[PDB]
Participant: 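Here's what I've got: pamapimod, bound to Mitogen-activated protein kinase 14.
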Amino acid sequence: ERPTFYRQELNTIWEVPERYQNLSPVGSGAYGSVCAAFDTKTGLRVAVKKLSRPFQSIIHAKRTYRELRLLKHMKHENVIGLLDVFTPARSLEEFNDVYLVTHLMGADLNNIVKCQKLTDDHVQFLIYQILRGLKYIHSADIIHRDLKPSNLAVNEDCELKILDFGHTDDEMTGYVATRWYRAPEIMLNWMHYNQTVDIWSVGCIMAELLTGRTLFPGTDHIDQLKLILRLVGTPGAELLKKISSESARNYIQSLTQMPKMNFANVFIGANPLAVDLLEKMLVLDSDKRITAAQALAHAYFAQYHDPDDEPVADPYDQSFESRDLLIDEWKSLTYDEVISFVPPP
Ligand SMILES: Cn1c(=O)c(Oc2ccc(F)cc2F)cc2cnc(NC(CCO)CCO)nc21
């Protein structure tokens with residue numbers, strides 16, 4: 001049955017089912033503003049995202065469909081999930097707004113690191129959960145592509161969820177956290193990239209949790225690359241071949257060759273098992289990076305690793321990605337997905 005909706009001006013008029021009370025602006029998220037609220041039906045504190053102009057263009061309509069598809073698929077402890085999706089619309093003809101509901105999270109990882117070192121046990125637990133969530137995400141052939149501490153949310157008990165999985169040129173420019181966790185092959189568009197871009201990001205995050213400091217705080221793309229290459233060495237012939245961009249490969253070759261540094265001398269005092277994992281994650285050749293599944297079985301996570309409690313995802317059909325459709329067709333697909341939603345247990 002259709003719930004009763006009530007109206008409220010927040011951020012824009014918000015029209016939500018009565019179950020959602022005490023709506024309070026919480027800021028911005030991916031492609032829309034977020035409100036905290038109390039779900040009287042479940043007793044949960046929730047985050048409610050209203051999408052801004054979900055169907056104003058083909059790009060927007062497809063993006064709307066994409067986010068809804070991704071959130072409906074994800075059913076994992078360490079990945080943001082969909083508690084509810086609703087529209088005040090009674091039909092496709094009047095359908096123009098989409099609201100997404102998930103758990104309200106207490107803080108992001110930026111708030112926790114706060115210029116300070118975490119204990120080795122904290123790093124173990126936090127990275128373990130990230131890799132557990134990434135194993136799940138990657139098993140569905142989904143790539144986050146933009147993992148960073150601000151996308152990693154935690155509750156009081158340090159229970160972690162990954163948000164915003166699956167940025168303009170300007171916001172990737174300069175001394176910005178938006179670029180600091182990006183694998184070099186995506187930062188400078190070396191090649192058709194895969195899942196392991198996210199493992200690079202995990203290495204950057206893990207090192208930051210260990211030192212309290214940004215691993216590669218480049219002032220720009222070029223500065224960041226030099227920072228990266230100083231640690232991991234300049235690419236060898238083998239990797240150079242795989243750089244399908246003639247232009248990028250040519251620039252790479254202009255740089256003075258540097259050997260990989262000793263990670264034990266970079267990360268003084270750190271668990272040698274942590275050092276070892278960082279070495280396996282922060283490999284320039286993405287083909288050779290440790291995967292999430294492999295990293296979970298690494299000795300560093302001995303006290304958390306359970307092969308029987310690290311689930312994979314159901315198959316995720318993303319054939320729509322290569323599909324060209326009109327606005328109203330993307331809208332109709334989105335509508336179907338809203339209508340068909342079944343709330344989690
Ligand atoms: C920033 N942000 C979102 O963009 C966000 O996006 C959504 C995704 C899917 C969805 F169905 C609904 C959403 F709102 C959810 C969300 C939940 N908790 C929190 N809590 C934050 C504390 C700030 O009060 C800390 C983590 O940033 N922030 C969120």
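Numbering starts at 1 and runs along the sequence shown. Numbering of ligands and ligand atoms starts at 1, following listing order.
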Participant: With a cut-off of 4.0 Å on heavy-atom distances, which residues and nucleotides contact pamapimod?
Facilitator: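 The heavy-atom binding site is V26, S28, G29, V34, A47, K49, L71, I80, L82, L100, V101, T102, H103, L104, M105, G106, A107, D108, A153, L163.
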Participant: Number the atoms of pamapimod from 1 as they appear, then name those within less than 4.0 Å of a heavy atom of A153, with their elements.
Facilitator: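 Within the 4.0 Å cut-off of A153, pamapimod contributes 26 (C).
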Participant: Under 4.0 Å from a heavy atom of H103: give me the atoms of pamapimod that qualify, with their elements.
Facilitator: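 Those of pamapimod that fall under 4.0 Å from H103 are 17 (C), 18 (N).
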Participant: Which residues of chain A carry a UniProt ATP-binding annotation and have a heavy atom under 4.0 Å from pamapimod?
Facilitator: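 By heavy atom, within 4.0 Å of pamapimod, the UniProt hits are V26, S28, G29, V34, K49.
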Participant: Protein non-hydrogen atoms only, distance under 4.0 Å: does atom 20 (N) of pamapimod have such a neighbour?
Facilitator: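 Yes.
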Participant: Which residue is it, and how far: the UniProt active-site residue of chain A nearest to pamapimod, by heavy-atom distance to 1 Å?
Facilitator: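 Using non-hydrogen atoms, the nearest UniProt active-site residue is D164, 5 Å.
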Participant: Please say whether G81 places an N or O atom under 3.5 Å from an N or O atom belonging to pamapimod.
Facilitator: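 Between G81 and pamapimod (N or O atoms, distance only) the closest approach is not under 3.5 Å.
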Participant: Considering non-hydrogen atoms of the protein only, which is the closest contact for atom 1 (C) of pamapimod, and what is the distance?
Facilitator: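 Checked against all protein heavy atoms, atom 1 (C) of pamapimod sits closest to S28 O, 3.9 Å.
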Participant: Just wondering: what's the UniProt domain of chain A where most contacts with pamapimod are?
Facilitator: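 UniProt domain: Protein kinase.
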Participant: At less than 4.0 angstrom from any non-hydrogen atom of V26, what atoms of pamapimod do you find?
Facilitator: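 Those atoms are 23 (C), 24 (O).
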Participant: At a 4.0 Å threshold, what atoms of pamapimod neighbour a non-hydrogen atom of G29?
Facilitator: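 Numbered from 1, pamapimod contributes 4 (O).
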